[PDB]
Novice: 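Model contains iclaprim. Questions to follow.
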Amino acid sequence: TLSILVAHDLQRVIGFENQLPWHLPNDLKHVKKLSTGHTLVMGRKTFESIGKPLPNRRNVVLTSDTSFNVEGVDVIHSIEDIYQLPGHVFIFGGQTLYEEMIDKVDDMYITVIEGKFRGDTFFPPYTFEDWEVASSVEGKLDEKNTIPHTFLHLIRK
Ligand SMILES: NC(=O)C1=CN([C@@H]2O[C@H](COP(=O)(O)OP(=O)(O)OC[C@H]3O[C@@H](n4cnc5c(N)ncnc54)[C@H](OP(=O)(O)O)[C@@H]3O)[C@@H](O)[C@H]2O)C=CC1
Ligand SMILES: COc1cc(Cc2cnc(N)nc2N)c2c(c1OC)O[C@H](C1CC1)C=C2
């Protein structure tokens, strides 16, 4: 499969200043569960945000810098290179990946962060007319996960 994996807020904010706008450990645990043993493709800037490869899956960074060679990352330099990767590939961020990728992906794992944050980066507007809810499961709140949130899984209709 080829999937978006993204958390966005009530106005589709994903990012602020090259970071997530929220602290929400449940969602990062969700990312882990979903992606472990599989492949991430991210934009260069998102890679700079996580700063190192994530363990126990394959990490692929899309970048135009051909001098890019990082330990345990695989570089690619075009959108097209994605479509040849073996297996279940998650588009992992960021704003520009999502824009390039959203009409190409089979499905999307979105966490809707039921808040309104300040962002400088956004997820593309989409329409549920295009997208079928295979599941919708509320996140559980606790002291350390204090923002309401819903795990959507959308298949393209
Ligand atoms: N909420 C969420 O689920 C997530 C949010 N984010 C957020 O997203 C924001 C980052 O978004 P954005 O600024 O768009 O950054 P991106 O992470 O999408 O990276 C952009 C970079 O990726 C490379 N790139 C993208 N497309 C291509 C292409 N087609 N060919 C060659 N290179 C390409 C370029 O690298 P180069 O300049 O080296 O050529 C470009 O500068 C941050 O705010 C971050 O916090 C990130 C992940 C998840
Ligand atoms: C933009 O920054 C991040 C993006 C992301 C990507 C990301 C986060 N949340 C969601 N829902 N989708 C995503 N694609 C993550 C993230 C980020 O900050 C560290 O943290 C952890 C990694 C191990 C450290 C997980 C994710």
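This chain uses plain numbering: 1 for the first residue, then up along the sequence. Keep in mind that the numbers below use all heavy atoms, side chains included, and drop hydrogens, waters and symmetry copies. Start at 1 and go down the list; that is how both ligands and their atoms are numbered.
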Novice: Which numbered ligands or lettered chains belong to iclaprim?
Specialist: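 Short answer: ligand 2.
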Novice: Name in UniProt of the chain with the most heavy-atom contacts to iclaprim?
Specialist: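 Most heavy-atom pairs under 4.5 Å are with Dihydrofolate reductase.
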Novice: Which residue and non-hydrogen atom of the protein lie closest to atom 9 (N) of iclaprim, and at what distance in Å?
Specialist: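 Protein heavy atom with the smallest distance to atom 9 (N) of iclaprim: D27 OD2, 3.1 Å.
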Novice: Which residue supplies the protein heavy atom nearest to atom 16 (C) of iclaprim, what is that atom called, and how far is it?
Specialist: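 The closest heavy atom on the protein side is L28 CD2, 3.9 Å.
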Novice: Per the deposit, which organism was chain A derived from?
Specialist: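 The entry gives Staphylococcus aureus.
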Novice: Relative to the heavy atoms of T111, which atoms of iclaprim are at a distance of less than 4.0 Å?
Specialist: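 Listed by number with element, the hits are 11 (N).
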Novice: Give me the nearest non-hydrogen protein atom to atom 23 (C) of iclaprim as residue plus atom name, then the distance to 0.1 Å.
Specialist: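 For this ligand atom, the closest protein heavy atom is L54 CD2, 2.9 Å.
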Novice: Quick check on contacts: which atoms of iclaprim are under 4.0 angstrom from a heavy atom of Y98?
Specialist: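 Here the atoms of iclaprim in question are 14 (N).
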Novice: Would you check the N or O atoms of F92, main chain and side chain alike, for any that come under 3.5 Å of an N or O of iclaprim?
Specialist: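 Yes, since at least one N or O of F92 sits under 3.5 Å from an N or O of iclaprim.
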Novice: Help me out - which UniProt domain of chain A has the most residues in contact with iclaprim?
Specialist: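 By UniProt annotation, dhfr.
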Novice: Non-hydrogen atoms of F47 versus iclaprim: any pair closer than 4.0 Å?
Specialist: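 Not so, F47 does not reach iclaprim.
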Novice: Of the protein's non-hydrogen atoms, which lies at the shortest distance from atom 7 (C) of iclaprim, and what is that distance?
Specialist: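 Sorting protein heavy atoms by distance from atom 7 (C) of iclaprim puts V31 CG2, 4.0 Å first.
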Novice: Tell me which UniProt substrate-binding residues in chain A have a heavy atom less than 4.0 Å from iclaprim.
Specialist: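 By heavy-atom distance, the UniProt-listed hits: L5, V6, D27, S49, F92.
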Novice: On a heavy-atom basis, I'd like to know which of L20, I14, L97, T121 is closest to atom 18 (O) of iclaprim.
Specialist: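 Ranked by closest heavy atom to atom 18 (O) of iclaprim, first place is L20.
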Novice: Show the atoms of iclaprim that are less than 4.0 angstrom away from any heavy atom in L5.
Specialist: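 Every atom of iclaprim under 4.0 Å from some heavy atom of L5: 12 (N), 13 (C), 14 (N).
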Novice: So, going by heavy atoms and a 4.0 Å cut-off, which residues UniProt tags as NADP(+)-binding in chain A does iclaprim reach?
Specialist: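 The UniProt NADP(+)-binding residues passing the heavy-atom test: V6, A7, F92.
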Novice: With a non-hydrogen cut-off of 4.0 Å, what is the binding site of iclaprim?
Specialist: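 Within 4.0 Å on heavy atoms: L5, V6, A7, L20, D27, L28, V31, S49, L54, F92, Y98, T111.
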